[PDB]
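Quick look: ibogaine on Sodium-dependent serotonin transporter.
Chain lettering follows the listing: the opening sequence line is A, and each later line takes the next letter. Following the PDB entry, chain A shows residues 21-130, kept in their order. We number chain B the same way the PDB entry does; the residues here are 79-615, in that order. In order, the residues displayed for chain C correspond to 16-132, 150-255 in the PDB entry numbering, which applies throughout. All residue numbers given for chain D refer to the PDB entry; the residues shown span 20-137 in order. Atoms within each ligand, like the ligands themselves, are counted from 1 in listed order.
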Amino acid sequence: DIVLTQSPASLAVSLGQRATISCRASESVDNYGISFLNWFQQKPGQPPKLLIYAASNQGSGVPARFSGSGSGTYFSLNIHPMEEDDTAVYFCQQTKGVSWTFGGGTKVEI
Amino acid sequence: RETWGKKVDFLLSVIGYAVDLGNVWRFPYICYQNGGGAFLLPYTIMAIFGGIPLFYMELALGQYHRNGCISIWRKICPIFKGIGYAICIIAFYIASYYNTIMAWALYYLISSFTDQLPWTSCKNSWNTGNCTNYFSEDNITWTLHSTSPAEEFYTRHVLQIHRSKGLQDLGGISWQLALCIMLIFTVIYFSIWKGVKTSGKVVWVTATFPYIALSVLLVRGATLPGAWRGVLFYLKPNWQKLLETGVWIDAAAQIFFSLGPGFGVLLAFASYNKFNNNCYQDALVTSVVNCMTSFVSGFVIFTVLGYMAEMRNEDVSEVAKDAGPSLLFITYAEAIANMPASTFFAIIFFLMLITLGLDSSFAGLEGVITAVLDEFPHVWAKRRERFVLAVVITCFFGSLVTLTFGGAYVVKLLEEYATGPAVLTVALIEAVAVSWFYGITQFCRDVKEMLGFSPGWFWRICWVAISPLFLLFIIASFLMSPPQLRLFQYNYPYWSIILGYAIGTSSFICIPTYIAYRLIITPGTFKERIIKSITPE
Amino acid sequence: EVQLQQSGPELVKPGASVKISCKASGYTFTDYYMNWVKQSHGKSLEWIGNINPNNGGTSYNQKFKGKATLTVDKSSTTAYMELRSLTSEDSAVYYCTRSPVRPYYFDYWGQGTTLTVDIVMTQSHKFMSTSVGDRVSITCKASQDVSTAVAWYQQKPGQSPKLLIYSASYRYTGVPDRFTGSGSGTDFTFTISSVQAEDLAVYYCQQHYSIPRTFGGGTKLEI
Amino acid sequence: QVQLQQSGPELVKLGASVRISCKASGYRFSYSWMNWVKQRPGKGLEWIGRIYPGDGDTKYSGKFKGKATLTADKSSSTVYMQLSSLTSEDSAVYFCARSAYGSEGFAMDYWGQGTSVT
Ligand SMILES: CC[C@H]1C[C@@H]2C[C@H]3c4[nH]c5ccc(OC)cc5c4CCN(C2)[C@@H]13
């Protein structure tokens, strides 16, 4: 099974500063040229909203502040200068079967 | 000089080369377009007048000389020794074509062992957005940009074609095909590396198992519903379509590639035995068994499409218009998983489809390897075992052009020109050189001394009048209209179509190059330099 | 939601070229076929051609090889149909349509514009009738074997056709419960449960099994 | 518009069983994967299972194979996750998700309201 990890566990993103959230893995997830790693958004009491398709393409109803890139065993969720309204924990999925697994999660807030 | 054993092995060796995976593509793909039964009639007419004589001319020629494809022309007419080189260069392009295709079929054979054939459900690896192939009770519609699981499977699980955009931008290599392609050259190595004496036993199984597998596949589709519609769709003649010139050219074209003279492979086979009083009996059976085998071949495909077309609520026409291979790798694959007897016939068809290629691919290298070794005895005497390794590795890099450049953009472009006027140009000059300059009275003499009987005044009429006319007809058919082709809603640009024409054009540049070479180094005057090159023996 | 708006009518001299335009809305222009249909005055309907806006490909009946050419412009969701060698036989009403893949059927229909200057189907008498509310039936026969690939239409006076029955046995969306159907191979039947006065219109029996799209002779129920 | 509607919450006795529903609407549910995930209070996410309506094939991991059974019905436009042998460790909310199509990486597009199993 593919094990996903994240760091830093809690990012002290001051208001108006850039933030980057990594997603390390044992594999080697690049299969058929499509990056099988994605990003979601949770708030207290809200559903896990979609953020990024294939770790590089913005999502439906997702602001343009959120984006990503990378190749191989290391991606990064590059985010424009955040506001307090973007307080949310971001999780890294892998959609490369057999199993689909998730990351530990990092708290990104003001 | 080593000789071959039982007469029949020969017959299995040649027919295994005569029938291949190409006949499963083009023959059923071209017939219904030219009117089904309206195409089988000219296919039989041109086979009698055009097919057999060019087929037995090459087998009868190698029977008498026993020199291969290069050294033989030192005896026929020295000005035509460049034909064997032209066959070698063209062989390098066809060796790549053929060898990569089997990697796509070997990818299925390894995957076909699983009981759940990944051909009906877009499970967690496909472009499932445009995937729908469960024809339920009228709660579906098929959009133009929509596809099926098998269309996606041959698209982005064999080729991985989405990695690349076209001929102008080429992708990487698939790891699965990289392992499949090496296993193909492995068996091709040992079959010829052990020697032509041992290749007779490799064709013993590979040239006979497809005929069994045709029966294994024919009984299934025939006993199911819809077969009457499939057979009717195929054999129902469209008589007025025969009046078009395209039907006659396609009929003359099919017999050429079905039999395959001019490729040097048939010539090399006859060079390993005297064939006293048995050559005309052997070659004549191949031409009819080859034409009947292709008839049975397409008869199985549409027999299986008929059961679908009953399920699909549509006619077999306008189904998979894309291309020959894309039809078979996708459409016929769908039917296997839709037949209740799946998990078995997925192995049978894609074990014969590889065997038809392998048997025909084994024979291909023998024509080239027989040619060069007959010229260089210092290689044949001691490096005959090493020379095969040089060709297989050479063919490996030849096949690598497709795999590590993204997908089938090299194959379909190389398809239309690697076997274009170049192979017909060779086949033409082999007929002209052996008949006109080299006296056909002498060739008819050389054959009738070996066979104890002469076929002259029937075949000869065909050899000097019918053969150059109906080989020049296929040349004149190609210069009229440029085949602007396509692949999966992607039209090829102009510079690549000229590149394929340039590769096909340069593939037979050996025979003007060699003639120009000898006429410069040859001493004498303009008339004398030409006579020395033409002087037989 | 979907609409197909043609241009107005026009008269062209015999032998000269004539053109008709059609704009589409309410649906993606590239996700369907833009087909055209012919209506000789006082006769049945007849298929003209097909267009693939994704690549500009076309496919059309063999009778329009030297009469018409088809094309579109996806940048404006507009469709054109160019005719040449116009003659008196071409006085007809042409329809702009939407057609998805596998029912090889006409989803919706435009309003139709007037122009002034294979497997076939057959039907029974065009004077079959009965009182309102009675069970009605229409007979349609095929010249060849077509498994279930048949549909049925309704063309009121002065209006365009409309898809009513689907695959010869199911009623398309937007169709009341009154109409039903059945058939297989060559025998096809169109029934009406409790026919009403509003159903007094001309019907057609389409061939979906293979291209070219062919229709029947056409019959009307009155009463 | 697309939406995923679950059932209501339910209290659990030690060793009992629950039956969560999830109705799909507004898309071709029969050609996508229906997901199931845990959201334990204080931890991240934990994937439970997945199923393709139309075929019935299921794939599990994370030791949920010995606790969960999942089915679907294409005629009702629903997917039903069944769970047995529940305990305090299973005290968490469970979400239902629509898997995007594979060309985009199966990013779970839309979600249900979530139901508490405690
Ligand atoms: C009998 C059917 C014939 C029609 C086409 C040409 C011919 C042929 N010539 C070759 C020469 C070399 C080679 O490998 C080194 C492969 C081939 C083949 C492949 C199979 N076919 C394709 C035969």
- prompt: Using a heavy-atom cut-off of 4.0 Å (strictly under), which other chains touch ibogaine?
  reply: B
query: In UniProt's N-terminal numbering, which transmembrane segments of chain B show a heavy atom under 4.0 Å from ibogaine?
result: 1, 3, 6, 8
